[PDB]
Structures are given as C-alpha cells and as structure tokens.
Peer 1: 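Got a structure here, written out as structure tokens. Questions coming.
Every chain is numbered from 1 and lettered A, B, ... according to where its sequence line falls, protein lines coming before strand lines. Header says: X-ray crystallography, 1.9 Å. Each ligand, and each atom within it, is numbered from 1 in the order the structure gives. The figures here come from the full heavy-atom set of this structure, side chains too, leaving out hydrogens, waters and symmetry mates.
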Amino acid sequence: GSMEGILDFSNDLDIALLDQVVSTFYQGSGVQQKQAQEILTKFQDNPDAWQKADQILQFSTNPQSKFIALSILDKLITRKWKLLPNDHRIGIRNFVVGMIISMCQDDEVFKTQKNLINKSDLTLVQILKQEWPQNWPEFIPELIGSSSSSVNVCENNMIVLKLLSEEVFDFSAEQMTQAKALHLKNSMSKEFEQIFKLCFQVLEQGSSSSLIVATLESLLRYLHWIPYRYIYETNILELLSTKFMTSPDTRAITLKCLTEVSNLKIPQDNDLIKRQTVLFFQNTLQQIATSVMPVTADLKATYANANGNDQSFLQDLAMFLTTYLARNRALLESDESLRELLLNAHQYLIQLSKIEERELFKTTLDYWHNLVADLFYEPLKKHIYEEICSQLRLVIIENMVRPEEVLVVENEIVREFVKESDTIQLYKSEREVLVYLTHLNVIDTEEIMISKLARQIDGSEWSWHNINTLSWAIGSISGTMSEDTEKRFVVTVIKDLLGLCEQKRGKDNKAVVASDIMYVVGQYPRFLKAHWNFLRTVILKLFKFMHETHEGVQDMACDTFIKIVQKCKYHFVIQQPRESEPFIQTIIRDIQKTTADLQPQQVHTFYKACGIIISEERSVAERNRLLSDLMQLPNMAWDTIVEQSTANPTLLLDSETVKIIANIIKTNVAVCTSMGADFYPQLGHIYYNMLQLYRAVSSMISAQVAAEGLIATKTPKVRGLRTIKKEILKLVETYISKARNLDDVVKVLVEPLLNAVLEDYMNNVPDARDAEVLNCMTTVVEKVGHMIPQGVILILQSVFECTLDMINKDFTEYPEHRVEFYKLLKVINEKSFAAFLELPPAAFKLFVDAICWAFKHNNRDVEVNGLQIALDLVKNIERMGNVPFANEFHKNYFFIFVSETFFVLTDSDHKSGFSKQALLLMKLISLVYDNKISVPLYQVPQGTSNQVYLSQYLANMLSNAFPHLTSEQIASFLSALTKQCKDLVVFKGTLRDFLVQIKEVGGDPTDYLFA
Amino acid sequence: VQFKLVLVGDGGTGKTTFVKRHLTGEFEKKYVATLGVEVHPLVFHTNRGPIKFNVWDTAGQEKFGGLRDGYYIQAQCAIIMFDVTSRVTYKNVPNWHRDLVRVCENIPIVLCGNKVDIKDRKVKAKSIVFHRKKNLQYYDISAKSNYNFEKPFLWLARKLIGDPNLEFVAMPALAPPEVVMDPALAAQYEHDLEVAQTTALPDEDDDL
Amino acid sequence: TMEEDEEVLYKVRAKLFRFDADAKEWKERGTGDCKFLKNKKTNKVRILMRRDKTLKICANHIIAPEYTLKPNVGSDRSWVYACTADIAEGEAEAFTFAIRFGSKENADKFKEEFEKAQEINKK
Ligand SMILES: Nc1nc2c(ncn2[C@@H]2O[C@H](COP(=O)(O)OP(=O)(O)NP(=O)(O)O)[C@@H](O)[C@H]2O)c(=O)[nH]1
Ligand SMILES: *[C@@H](CC(=O)NNc1cnccn1)n1cnc(-c2cc(C(F)(F)F)cc(C(F)(F)F)c2)n1
Ligand SMILES: [Mg+2]
C-alpha cells in the first residue's frame, strides 16, 4: 500500500509508519512481507538514512526498527566514518554510548532486549576500531570504573570487551590493513593488565551466574592471544577447573576455556608449569566424576536421550579430553601416582567413542589415531594402554562402516545407488586405527575376530549387522599379519564363512554372506597368489555369480574380479603346475558364456580385466596373439557391421545397430585403458574403418539436424550417433595418452584423425559440435605437438574462432566446450607457441581477448587456466628477447593485461584467484622494473623511463576507477607495490591492504610502509 | 508449530536450489542470485505431527545482502551452506557463523557441504572440522543428486521438537476425484500437449 | 496414511516431471516408487507416487480412461500425458505430466499396466 511513504525524505520520517513496515516484514507473510522487505532494503540503502537513525532510536516502539537503525549506522561507520565532519562523529559516538548506558540501567530493558543491546555493543566496537585509542585513550579506564556502578553495566562491558577482542584478534586479518591490525592488537595488549584485573576480580568475587558466564565468554576470546603468565601465574586455573565446573550454568563455557588453555605448547622445561597443567586436568576430571557422570556411565544412552544440553556437553568433553591428552598425556605417563588419572581420562574417551553420532566419532577417532600412531613408535609406552587398546579394538570392529566395495545394502537386501564419500573417508580412518591396533597386539585382534566369528556360526549373535561389521573389519586389517599367521587366519575365516553360506538360505541371507566373502577374499591378494588352487576356485565362483539374478551380487562379482586381477594378474598369464594352459587362455575361450548375463558396462569391465592380464605377457608375439583372441567377438561384430555399412550406408538408421557399434568401441576403450601402448596392434586393425565410420555418422547427424531442426540433437537416435563419435574420440585419446611409439602416432594416426574431426567440428552448427573433439586435440598436442607444427596450426584454424564465438556471449552456455577450450589453448601455448606467432594480427587479438575473458569467469576450471595462459604467454614473449614481435606485443597488450588483472583483483567477484592474479601482476610489473621491455610503452615527454610511465599510467587508472581514494593513497600504494615486485609474500600483503582501503574512505597512506 | 529457519552462506553455494528442491521437487540449473531474502513456508509430516519451517533464504552475494543480519532476528534454527568444490566458501563459514550467532546466541545450526555430486571435490572431508568446537551438525549434501538432502531438516526437527526418535512419516493420501476432461477446450490441449511432447526432458543421461 | 484399503497392482521406480507452459520447460516433481492402487471398496485404480526420503506425495490421481500416454521427443523411456485432477498439492489441479523410468523395458511395462488399469476403471 502506502508503505513506500517512508522512502520519501522531503518530509520528516513517520516513525509509526516505519514500525508498521518492520512488523509487516518480520511478523507478516505473503506479498505484504515481500513488499515490506523491498521497502526496508531501499530505506536502509539510502545514503542519508543514517541521519534518521537517532530519531528512530529515540521515538520508535519496535526493537526491530532500532536494530535496522543500528545496521544503518554500522554501514556508515565501517565505510564512511572519516568522511563525516568531526561534529557528526562525536554526535554518533555520544548517542550510541548514551543509548547503551540507558538500556543497562533499565533492569527491564536489559532483561528483554538482549539482541538490541548486543547490536549496540557491536556498533560501539565499530566506533572503537576507528577512534580507539588515538582519539579516546580513556575508554578502558572508564569502562573498568563504570563496571562498579552497576551489575548490568559490568555484565554488558564483558560483552563489549568480548566483541572487541574478536574484531581485533580473531577477524582482523581480512577486515583491516596489516598496519591497523597491529596498531589495535598492540593497543589491547598494552591495556590488558587492567582488563584482566576486572575479569579475575569478577570471577573471584562471584556475583551471579549471568555476570560470570559473560566474563567467562570474554575470557575464552582472550585465551586466543594473551601471554601465558596471566593463566599460570594467577589462581585462575583453580577457579576454572573446580569452582566453575560444579555449576552447570558455567560448566559449558569453562570447559571451552580449559580446552583453549590445553592447546598451547607449554615451556617444556619448567616443572611448576607442568605440575599446574597436570593439576587443572586432575581437578577437571574429578569434578566430572563427582558432579556429572562416573567413568562407568553409559554415554551412548545419555547422548541418545538428548536431555537439556547433554549432547553439547559430551561434544565439549570429547574436545577437551582429546585436545589435552594429545598435547600433554606424556605428563601423566611416568608418575605412577598419575596412572589412574591417565587411564580414567581415556576410559571416558572409550565411553564417548560408543556414542552414535558420526561427526563425534570422527573427532574421537582422530584422537585414537594420534595415540596408536605414537604407541607404534614410542618405546615402552604401549603397555600402559593395553586395556584401553583392547576395548578400542572392540569399539572399532563393532562400528565399521560399509566399504566402497560392498554394493549390497538393506532398505530387503538390494543394490547401492550413490557413492557415500562422507563414508569413504570414515572407512579409511577406521582402517588406519584398526591396522595400528592390530600391529600393537596381533594376538588380541585375532582372538576378538575369531571368537566373534565363532558366535556367528552358532547363530548366537547372527544378524545382518554383526556378520557385516565383522567381515569388513577382517578385510580391513589385511597386511598386518605375517604371511604364515595370515595364512592360518584367512583359512579359518573362509572355512567358517562358507559354513555360514550353506546355513543361511534366504535370498537376502545368501546375498549378505556372498558380499562379505567377496570383500574378504578381494582384500587378501597375497594369500591368493600363494594358493593357486584356491584362486582358481574363487575366480570360477565369481564367474558363476556373474549369472546371479541378484543385481547387487552380480555387480560386486565383476568389481571383485578386476580387483583381484589388478593384484594377482601374473598368476593368470603363466602356465601353472597341473594346468593345461595359462588361465588367461581359459578365460578368453569362454568369455561369451561368462559374460552372457552381464550388462554392457559390466562386460567392458570384464574385458578391461583381461587386458590387465594380457599386458603382463612381455613376449610381443604372444601378447598380440592374446590381444587378438580377446578381441575376437568385437572384431567379428565389427567386421560384420562395417561390411554391412559400406554397402548401402543407411543401415546406421537402426537404433539396434547404433547400440551395437557403441558397445564395440566401448569394449576397445576398456581394453585400451588397461593395455596402453600394448593396444596398438588392435587399434591398427580398426583405425581406418573407424574414422570412415566417424565421417559416416557425422553425415547422419548433420542430415537429421537439417531435416528435423536443432531438437534432433535431443532425440535418442542422434544421441546414440554422437555416442559413437565420442567413444571413437575417447579411444584415440586413450591410446595416444599412453603411447610409447610417438613416430607411429605422428606418421599413422594424426593425419587421418585431423582430416576426420577438424572440418566436421568447424562446419557443424554449435549445438552439434562435440567438446570431446577439443579434449582429444589437447592430448594430441600434449604428446606429439612438438612434432606436428603444421598440425597444431590446423587445429587452431579449425576450432579457435568458432569455439570462442560459442563461449564469449555469457559465462554459462556450452560449459564443457568452455573448459576444454582453455585446456587446449593452454597446452598449445606451452608446447607449440609458434602456432600463435603465425596467427594473423586480428586472430592474435582474439587470443588475448579470450585469455582476459577467462580471467572474469567464476568457474575455477576456466579461471585458473586463463591466469596460467597469461603467465605462460608473458614468459613466452619474454623468451623471444628484443625482436619486433615481442616489442609489438608489449606496445599493444602490456597495459591490457595489467589493467585486466587489476580489474579482477579489485572487483570482489574473483577472490578465489587472488594468488594467481597477484603472481601475474608481479611478473608484469617486474618486467618494467627490470628494463626487460626494450621499447617505450607510451605514444608524454621523450626519454621517460618505462618505470616512470607505468607509475603515471597506474596512478591515473586507479584515480579514475577508485575516485574516493586520495592521490597520496594511490601514490603510496604504487610505491610500495613496485618496490616489492620481487617478494611475492610482501607484494600480496600490499594488494590485500589496498583491497581493504578501497572499501572505506580516508585510509592511511602510511599503511603501505608496513613491510 | 512453526519455526523460523535462516539459511546463510556464500553466493552460489546452492541455498535457493536446496530450498526449491524441498518446496516443489524441482532442480533449478540456472543461478539467479537471491536479492536480500526469500521467505517460503515448508512443512514436514512427522510421527509427532506436522512441523512447519518458515525458511528465510538469504542472499550470499555482498552486493545483494539487503538487511544482512537483520534477517536473523528471532530465528529458531539455521543452516550454514558451503560448496565442497569452492574452498573459499568453506573459508567463509566462520564469518557467516560469527554474524549468525551474534544475533542468535543459542539455536541449533546445521553445516552443509553442498555439491558432493561433482567429481572434482576441493574441500576434502578430512579438513571439514569447523563444526566440532561450535556444536554444529554437519552433512555432506547434494541438491542435484538429493544425497542426504532431508537430513538437515530431520535433525533440526528433532532438536526443535525435543524428540530424538522423531521420523518423517507418509502423509495420508485422500481419494482422488473422478473428473472427465473438458470438451470445450479438448481441441486446445492438443497445443499445450504438443509443446510438452516436443520439449525434451532434462538430464536424459541420468539413471532415472 | 490412507492406503490400506487398497491393493498394489504395480510398482516401479520413476522420476515425475510437470510441464511449466509459461517457462516452456519441464520441471522435476519427485523421484520414488510409482504405485498403481486399486481401491478394495470402489475398484477404482489410481496412481500414487511418493518422494524417496520425505515420503511426500507428488502424484495422486485416477488413471482415467480418457488419458493417453505419448512419447517425449528426447527419450525412449518416458511417457507424457495430460492429467485433469491431481491432488498431490491439495486442490485438484490440471497438469501435463512426464514420467521417466530406468529403462525402456520399464517404460513399456508401465504403459501396459497403465492401459490395463484404464480398463478396470472402465467399469
Ligand atoms: N552440481 C550441483 N549444482 C548445484 C547444486 N546445488 C545448487 N547448484 C547449482 O549452484 C548454482 C547456484 O544456485 P543457488 O541455489 O541460487 O545458490 P545461492 O547460494 O542461493 N545464491 P545466492 O546466495 O547469491 O542467492 C546453480 O547453478 C545450481 O544449479 C548441487 O547440489 N549440485
Ligand atoms: C555360499 C553359497 C554359494 O556358494 N552360492 N550361493 C547360493 C545361493 N543360493 C542358493 C545356493 N547357493 N557361498 C557364498 N559365496 C561363496 C563363495 C564366494 C567366493 C567369492 F569369493 F567369489 F566370492 C568364493 C568362494 C570359494 F571360497 F572360493 F569357494 C565361495 N560361497
Ligand atoms: Mg539464492
């Protein structure tokens, strides 16, 4: 409605109307809320709204209105304070101070308007950052004094001091210049002795819990930076570790304080400080045992019940114990009078490790890794923790998470869908600790596992969960035992898992146990390599699982097959005793039968595994003969499909034919992936007909687009035709990336390839161009680019200008072409730079444009390569020396790169690239201040040094882009920047200081003298 | 039984996409920066009754921040979002948390690392630890793949209702009506249907 | 839950879309189990689909005999069809739906069952 009236400043502000807009926004809904929101934003963003602030704080009845008023002051204080006239500055200060004092002394306002007082305190701290102590060096004394006049004032002063410490020490790195941060840090340091007095007095005095908690909250911040003596040379540790642990109101913050105390590294030579470090831990654990929970308590249950703040307390307890013990447990390991304290603290951690809470378990698991890795090396220590470690073995074995390899899950035992990477890292961490625990006592580990297994056989503890977690644990400790103990161990496990297979007949039953056996056997390849008879049996069993109707078991059998082959392949190529032929021979001969029930993706994995085996045969003649045998089926289907495609080239209309072709190529891709350079004989068998097929498919796609429109590219028919092209490109890329005979690559593969792909890419409509062409060409250039200078030129001519035109209208369209485009330019620039030298001047200008275009991307893939191309190009030009092309390059483009780099440095929209931007800028500046540009950069009086002109150019550029800076700020910044162009660390700090100063008015130019 | 939930995090982390997925089931591919805040009601059906979240989806881009912390007033819970493919967004998590807890001193907060569907992950799981000292719950999530997409609201519902055993339950399904098509516009849904027939479905390379 | 008076004639995993005619784009409505439910009392068969984890209803309507499943130009494993009374979001709205399945065999089986259900509702 008329809510917009408050946006007019001609009249006076209708406070009651403002309060209605605010209430409409916070308490309203629907369209009224949405309109009020926009109005309030516009109101807040008015550069004169701050003048209305104090009359809102005076006459408004809505606390949210006053909050928004303070947000308006905060914006003014943080960005425009030093532009105000001095009288307006004192008025704002006096008004904010008075409002705070006024709210504290009204005991009813202090109770109910907490947010509004917190916001005012923060607003005052913003004024302090600008004015204190140089223009107010009595703030702390007056704050200390006024703390006695009232309890509410004293409590609120702790909040102000807390926020001040945060803004100065915790959050200043990004928000202030180096010089200003140091100034405020030194200022607080110089006055802390008095602050600590008021703090320690309040804590010893002890009014009521409100003032204590606020004082402790402020202490938590101080502990981030204050000298050690304030903590150890006073009685404050006794207060924290006893008095304030007893009351639950103060226990939460006190524990966080003691955690911060714990993480410092003590002067490791004074006995007294050691005895004090022991003592506050001893006190703290005693308070927990008597006031909270004994060490036997069931913390798993307490956490699950989640009464009051129990979950947060137990989290904080875990953080305290792990922090302290990781730093100081050695202080407790020698003195026998401290053994019980050491073990009780670790027993609390055992109990905490049983809680069902993944992120908390990861926190305790991190600590356990710290401990067991130390016991693995440190002499005479593991015996202390024998009982702790024994309990921990049980905890981890019973809480193993499902490994990646186990594809069967319950929801009814079915098949995985997603990759659980939150679970991937967890499994790795659990494995690491269990491996260490097994090394520490291999007898105890085996006895736990073998016994737990014995009670699965009995069905005494049978369940999905119990056999799974046990099986995963057993698999995870592979490599900890000696081959001999492992031998006996694995025999016992398999024998009993097999017994369990026959016992549990359900289809869910059998699937669970099958996955567990597959996981275990796949994890013990050393055992398999030594028992060929068993290995052969395992493989044949996996082949039978490839006909399972349960899709999960079936998929897992294929993954286990290749997992075993990757480690045991050698035993498949040799002729084993008692065997009539190498087992690879047996596999290949029955491959059609073995893979008949598999999905195509799974068949390809099977062929890939065979390729791994075949590559172990180093006799070239025998290897190539295995390769041709392996590829018999796809090569026969290929020979059929190409004879039937050359004659009447229309059979590719058949969707069934397109599917068959794609799977043939995908099979070749799979075998090429594992065989690498050894794949060349097979590639030569299909290469010519494959590129002819590439052209034939391309004609079909173009014909369909012409007849049906762009929408044709979405149809299943055209998508299947493009899959053929993509897989052909992937096959060629895969081989070339692993080729060892680059002469054959250049002389046989490259020319037919470029003839087949480049013009087709160039002359297709954009929506029909395959970004995979760019990816293929990147690999070609990377591996043989130096040998094909004319081929690299041909690539550029065909893909450069037309791809650029696809991606230079916005930052979003054709995202895959975008990424591959700059990967291709990058490799060309670093390996065949001569191709850019031959470019016509107009095209080389597009090249520079394309690089700076990459700068402005937020896509990290594009941005990083863009900055790298620019840096490599500058280097490429510099390597040419004093020649016309380099001289013309600097004349035409030096200042384009400087200005474009400065733009992304300062626009606040490309923070992620700061380091590479700074590097590029430092290189450009260093070029001038090393006189490595041998030509005047200007078109200004003659003989001027390029150093002088660069300063003039930059000063003028910055003066116009950031007109709120003074001339002295810009001159000081540039002076510091140019002097530091050989010291990247200091150079970057100066750039960071500049980015701070451009966000406010009146920045001090001497800040740039910091270094 | 409604609770105000504020959602904060760097621009582009997926806050609005995450909410819209829960609101309508859609996945918005375009990035349209939120201007200030967008408020949407969001209801879940639980074994303890319906719980309603008033989701205040705030802008992450500084130039569009609007009232900034003014949005946090009287929030009862929050989600802090970052993008596991952008390290800078995790580095800013302590800044969002700072501004949030200065207004909301004692509320349940979930930290969410979004976009775990992207292969080239940059914020490694092992380095995500900010939540530990701050008592935040943490989840890997993907608004695109729906990985863990329900877990932030399930956890918040449990903390707000005070029942750790709370679970989502199937909403009852009323009998649908028996409506015959309209012959007055029967000759018209030839057009609206032809358009839909010839507009390709998105992400045809997905498992579903 | 309001579904135990019903028999499951057919169930399949699917992704459901709704056509936003204004923006000229398909928008995902939900992924989960699509069920054909026959009311034991009235013998009327309906489609009922719920989202995977929230279990929220994203489709609830009679499999009317006047509906016809059409192909989408971009897929061989989906069907498009116009629905006049869907009460997943509350008030019976009209929608143009598309439903996609994991395989062409699923989509074809779905069409068979969809048409069989139409015969049952033809009574
Ligand atoms: N691959 C992927 N992309 C996602 C995911 N979630 C969101 N996005 C994408 O990230 C981009 C940002 O979208 P958006 O939801 O608006 O992020 P935002 O944090 O709300 N932006 P702002 O804070 O500036 O208003 C979109 O392109 C979106 O498709 C995801 O889970 N996976
Ligand atoms: C036990 C039962 C079995 O052999 N096959 N499953 C069914 C299912 N339904 C009816 C009848 N039998 N079983 C399960 N798994 C194994 C087993 C697996 C493996 C593996 F490594 F390949 F996974 C190897 C072996 C072994 F040891 F080599 F024989 C056995 N047995
Ligand atoms: Mg948004």
Peer 1: What drug or investigational compound is present at ligand 2?
Peer 2: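 That's selinexor (bound form).
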Peer 1: Name in UniProt of the chain with the most heavy-atom contacts to selinexor (bound form)?
Peer 2: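 It has the most contacts with Exportin-1.
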Peer 1: I'd love to know which other chains sit under 4.0 Å from selinexor (bound form), counting non-hydrogen atoms.
Peer 2: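 By letter, the heavy-atom neighbours are A.
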Peer 1: At what residue and atom is a covalent bond to selinexor (bound form) recorded in the entry?
Peer 2: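 The covalent anchor is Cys501(A) SG.
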Peer 1: Only heavy atoms count here, so choose which of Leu497(A), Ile517(A), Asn509(A) is nearest to atom 18 (C) of selinexor (bound form).
Peer 2: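 Minimum heavy-atom distance to atom 18 (C) of selinexor (bound form) goes to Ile517(A).
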Peer 1: Please list the nearest protein heavy atom to atom 29 (F) of selinexor (bound form) with its residue and the distance rounded to 0.1 Å.
Peer 2: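 Protein heavy atom at minimum distance: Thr537(A) CG2, 4.0 Å.
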Peer 1: Heavy-atom contacts with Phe534(A) under 4.0 Å: which atoms of selinexor (bound form) show up? List them by number with element.
Peer 2: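 Matching atoms, with element in brackets: 27 (F), 28 (F).
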Peer 1: Using heavy-atom distances, let me know which of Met518(A), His550(A), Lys507(A), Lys510(A) sits nearest atom 10 (C) of selinexor (bound form).
Peer 2: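 The residue whose heavy atom sits nearest atom 10 (C) of selinexor (bound form) is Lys510(A).
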Peer 1: Kindly identify the option in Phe545(A), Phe543(A), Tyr519(A) whose heavy atom sits closest to atom 15 (N) of selinexor (bound form).
Peer 2: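 The option holding the nearest heavy atom is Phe545(A).
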Peer 1: How far is atom 5 (N) of selinexor (bound form) from its nearest protein heavy atom, and which residue and atom is that?
Peer 2: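 Its nearest protein heavy-atom neighbour is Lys541(A) NZ, 3.4 Å.
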Peer 1: I'd like to know whether selinexor (bound form) has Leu542(A) as a neighbour, heavy-atom separation below 4.0 Å.
Peer 2: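 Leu542(A): in contact with selinexor (bound form) (<4.0 Å).
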Peer 1: Which residues form the binding site of selinexor (bound form) when counting heavy atoms under 4.0 Å?
Peer 2: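 Residues with a heavy atom in range: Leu498(A), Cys501(A), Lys510(A), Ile517(A), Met518(A), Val521(A), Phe534(A), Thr537(A), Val538(A), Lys541(A), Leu542(A), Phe545(A).
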